[PDB]
2 protein chains.
Amino acid sequence: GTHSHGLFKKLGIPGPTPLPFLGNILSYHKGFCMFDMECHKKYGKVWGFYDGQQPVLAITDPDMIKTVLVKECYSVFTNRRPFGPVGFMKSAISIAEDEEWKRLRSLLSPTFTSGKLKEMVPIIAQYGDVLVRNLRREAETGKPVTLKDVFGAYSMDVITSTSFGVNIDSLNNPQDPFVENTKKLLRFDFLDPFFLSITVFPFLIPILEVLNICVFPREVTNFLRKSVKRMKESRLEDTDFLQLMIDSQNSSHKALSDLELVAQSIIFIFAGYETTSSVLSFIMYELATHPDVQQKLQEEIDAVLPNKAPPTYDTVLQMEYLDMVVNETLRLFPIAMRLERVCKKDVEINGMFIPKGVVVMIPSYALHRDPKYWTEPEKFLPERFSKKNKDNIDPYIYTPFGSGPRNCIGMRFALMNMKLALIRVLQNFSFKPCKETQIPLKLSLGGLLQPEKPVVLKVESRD
Amino acid sequence: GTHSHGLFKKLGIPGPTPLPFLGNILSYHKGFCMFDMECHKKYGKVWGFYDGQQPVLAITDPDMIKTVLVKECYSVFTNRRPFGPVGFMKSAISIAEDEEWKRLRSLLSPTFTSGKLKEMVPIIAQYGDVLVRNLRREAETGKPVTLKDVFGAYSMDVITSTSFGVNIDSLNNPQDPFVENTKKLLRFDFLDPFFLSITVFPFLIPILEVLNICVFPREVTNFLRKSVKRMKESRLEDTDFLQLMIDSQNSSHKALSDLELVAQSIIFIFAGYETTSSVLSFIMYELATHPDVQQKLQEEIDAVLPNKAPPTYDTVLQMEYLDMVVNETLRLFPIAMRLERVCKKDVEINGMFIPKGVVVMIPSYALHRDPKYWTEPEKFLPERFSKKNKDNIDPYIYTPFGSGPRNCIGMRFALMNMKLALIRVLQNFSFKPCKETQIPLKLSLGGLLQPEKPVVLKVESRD
Ligand code: HEM
Ligand code: HEM
Ligand SMILES: OC(Cn1cncn1)(Cn1cncn1)c1ccc(F)cc1F
Ligand SMILES: OC(Cn1cncn1)(Cn1cncn1)c1ccc(F)cc1F
């Protein structure tokens, strides 16, 4: 069961000794982030471990990281680890490979430009207002407030409107079908029984595909596929992502088909829905446990936007401390945790040989808390991202959205989305720890970056 | 079960309608060659069928064939269909892929040059003499002679000597270990229960690999691996392929390792052993059923080599009619039957779109018997390959060894090998049909190009 478990001993590369068949997976008992920090401390700048029989080489040298994510991206490090069983969701850009990915990224890039994002800001702003009305009703009843729920509704509202023109107050229609289905598109727990097993028996992935078993719930995807097929034909008569993609089908590429279009629509929901609500919850925890930060930010918002003035695209990008608070929260909680690329050819990068087929992994969470780059890394200190101090911040250490050609395509949208929500809420409310607030917050031990206990806070109206 | 069975209907490409899950495999009941001839006649110049869910596109236009095998070989059509479970035999050049194959073909090409072949001719000639002595003893007892056995011993003798310096009279030591093991390296029956099942459930191949199940008998390969490891270290103190490969390990490539070297040694045995004896048996059938051909050839040998003179490299290549007889036999019996390349990128070749992942198949057997290139294709007529008529012979229709960069690397060796045997035997014997000779010879219905009944003939001494 150790066909390939001698690879890192041969390369003279250090690392935790793997068990037969399991490789190192038993060390995931404390989750991805703990394993990566320990390996970093124990073994230093480079190490290896085995996901079953798959060798994973962790790298932490920023130059080596830039080779992987930027320099040799197209040549050597184009793809991520095979992810399935996926079915027709194989055509989603985040899952595609090589030339198919290159085409899809090209066909989809114009959809995410700052110009398009600016055009979508009025829609996103509408649902900040929906958020405040629903936040107030819970602020008007002295009842603690679980963040993930209120931001969940908000993220849902943004998604349905910006991707399909569906305009729903999802917290108050939690049971409309379109909410009912998209609500199921959550982050995957890559350490749950299923996804672990796929690591111990990946030779079982093609078997699942042949049985039409898919990691994306088949009902939800079918619901959306016909819904998209319905909208596409209704709009044909008489801003949203769907319309942008429909427009792109009217031109040097082949063009995206109808099924390629549905796969993007689904993957954007999946990428944005629970991620956005998770970060917003982490941000609010940091504000409630750091009231001066919350006060200073509330004063900054009030300066750019007096009389609780509605935020716009340009005023959002005017707010520095807002940017610093968002970025410092993404440093402590980089919710993807790791970046990965498959090494597709025998190569050598900055004087290290990398055998074809190794997964090169960048442990983002662990680097965000490295003392060798971040003083007092455990503390929420937004000053690190001040305009004076950002020059010493290495874009290859801080990678909440990845880097290079395969970085998060939704990065700009997601930052603007979250900033719009924080502005509107903070113009209206302050956020206070309850007795039931977990302090300090503790991270879950599974394959998701989330708190052990849900974040619950007091929400008082600024009247 | 028809995820991909609509591909050829979408491309407007004709072909036999596939069953769910099986694709078209049930049409292999009469073997590869019959299926290909029928499809050719029925559907014309291009058609499709499904090996389970794998789409296979047959092409017959010589220009399109040259694009596949020569023009876009490195760019698009580099690999054959995945073949496994193979274990460490994955490093054999005939199984390797992409850059690994390119390297191995480069590292091995100098081993097959005309210069090396000429140096090996004296060894091969020695076993022609062993052949004649063993043929005579069966010619001296008026007993019919099964060809595959006598040529089998000969092909075995050539292999052990040219690849390892092992010099054995294998017909008379049929039970020495080195014969015992290599005797098991026969052609695969790609239509037998196992290899069919791998076509209906190829998702089961990775499963077999994880269980260390291999299509090459594990005992034989282990026997040879240590035998090679033993010889490598004995020769180190105090012509063969092994020595040529050992020498290559002493130099712009990485160099072939010890295990890469063993994999070549094994694959060359496997490629040469039963193929050479099969063709030699087909040739002798054609001579016995065409005595004038046999007479004319025997007179040609006697002219170049008077007094039963031993053949040499240069006199072999002097014999035209010998060449014509060998080539006409390889036209009627091209024992690989088909050539294949995986289309690795969405491409278009001579105005036909080919989707990535399709297997492009060239049906060699069917083209060797096409009336649109070969008059009276069923008859053994060596005149087609006369120096006058060879100018109308299209190197992309006649492909007994394939074409392009991925053609049979052993072609020159195998022709010389067989020619040396035919010369020595025909200098000494004539070959006559017995009552028990199957006439006309009928091909087996399995996944091997072989006669239904074994070829048995009378062998009289020319004294
Ligand atoms: C705060 C929310 C989000 C975070 C932290 C985040 C983070 C990331 C990260 C770390 C990656 C991997 C980057 C790499 O491999 O270098 C990624 C990829 C990606 N993200 Fe996000 N993301 C977020 C929201 C979104 C949104 C709203 C979208 C909407 C379209 C989106 C679409 C994608 C896609 C399509 C990819 C794959 C890109 C490719 O393979 O070419 N993400 N994201
Ligand atoms: C009469 C005997 C033989 C015949 C008819 C034959 C025929 C063929 C054919 C049709 C192919 C496929 C070519 C293509 O895909 O274009 C091939 C490949 C090959 N043959 Fe043979 N062959 C014979 C004997 C040998 C021998 C004696 C060797 C000894 C080394 C050998 C080694 C190979 C190898 C290594 C390949 C794969 C080449 C590559 O993938 O680069 N064969 N042969
Ligand atoms: O898995 C992703 C990151 N990723 C994208 N391709 C490969 N990995 C999906 N995703 C992309 N944008 C948003 N989500 C992820 C999973 C969990 C998470 F918290 C963030 C995160 F990026
Ligand atoms: O399968 C082969 C041809 N081939 C090589 N790579 C892929 N296919 C093996 N082989 C190569 N030289 C000799 N044998 C074959 C099988 C049967 C046969 F009769 C000929 C034949 F070439």
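One letter per chain, A onward, in the order of the sequence lines. Throughout, chain A uses the PDB entry numbering, with the displayed residues spanning 26-263, 269-281, 286-497 in order. By the PDB entry numbering, chain B shows 26-263, 269-281, 286-497, in order. Just so you know, ligand 1 is whichever comes first in the structure, and atom 1 is the first atom listed for that ligand. Both backbone and side-chain heavy atoms feed into the values below; hydrogens, waters and symmetry mates do not.
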**Message:** I'm looking at ligand 3, any idea what drug that is?
**Reply:** fluconazole
**Prompt:** Which macromolecule here is the main partner of fluconazole (ligand 3) by heavy-atom contacts, as listed in UniProt?
**Reply:** Cytochrome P450 3A4
**Asked** What are the letters of the other chains with a heavy atom below 4.0 Å from fluconazole (ligand 3)?
**Response** A
**Request:** With heavy atoms under 4.0 Å as the rule, classify the contact between A/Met371 and fluconazole (ligand 3) as side chain, backbone, both or neither.
**Result:** neither
**Item:** Polar atom proximity, A/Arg105 to fluconazole (ligand 3) (N or O, under 3.5 Å)
**Value:** yes
**Prompt:** Would a 4.0 Å cut-off, counted as strictly less than, catch a protein heavy atom around atom 2 (C) of fluconazole (ligand 3)?
**Reply:** no
**Asked** Which residue from A/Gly306, A/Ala305, A/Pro368 reaches closest to atom 11 (C) of fluconazole (ligand 3) through any of its heavy atoms?
**Response** A/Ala305
**Item:** For atom 22 (F) of fluconazole (ligand 3), the protein heavy atom that lies nearest, with its residue and separation
**Value:** A/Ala370 CB, 3.7 Å
**Asked** Atoms of fluconazole (ligand 3) less than 4.0 Å from A/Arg212 heavy atoms?
**Response** 17 (C), 18 (C), 19 (F)
**Asked** Is the closest protein non-hydrogen atom to atom 14 (N) of fluconazole (ligand 3) under 4.0 Å?
**Response** yes
**Asked** By chain and residue number, what forms the binding site of fluconazole (ligand 3) with heavy atoms closer than 4.0 Å?
**Response** A/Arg105, A/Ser119, A/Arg212, A/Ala305, A/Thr309, A/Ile369, A/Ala370
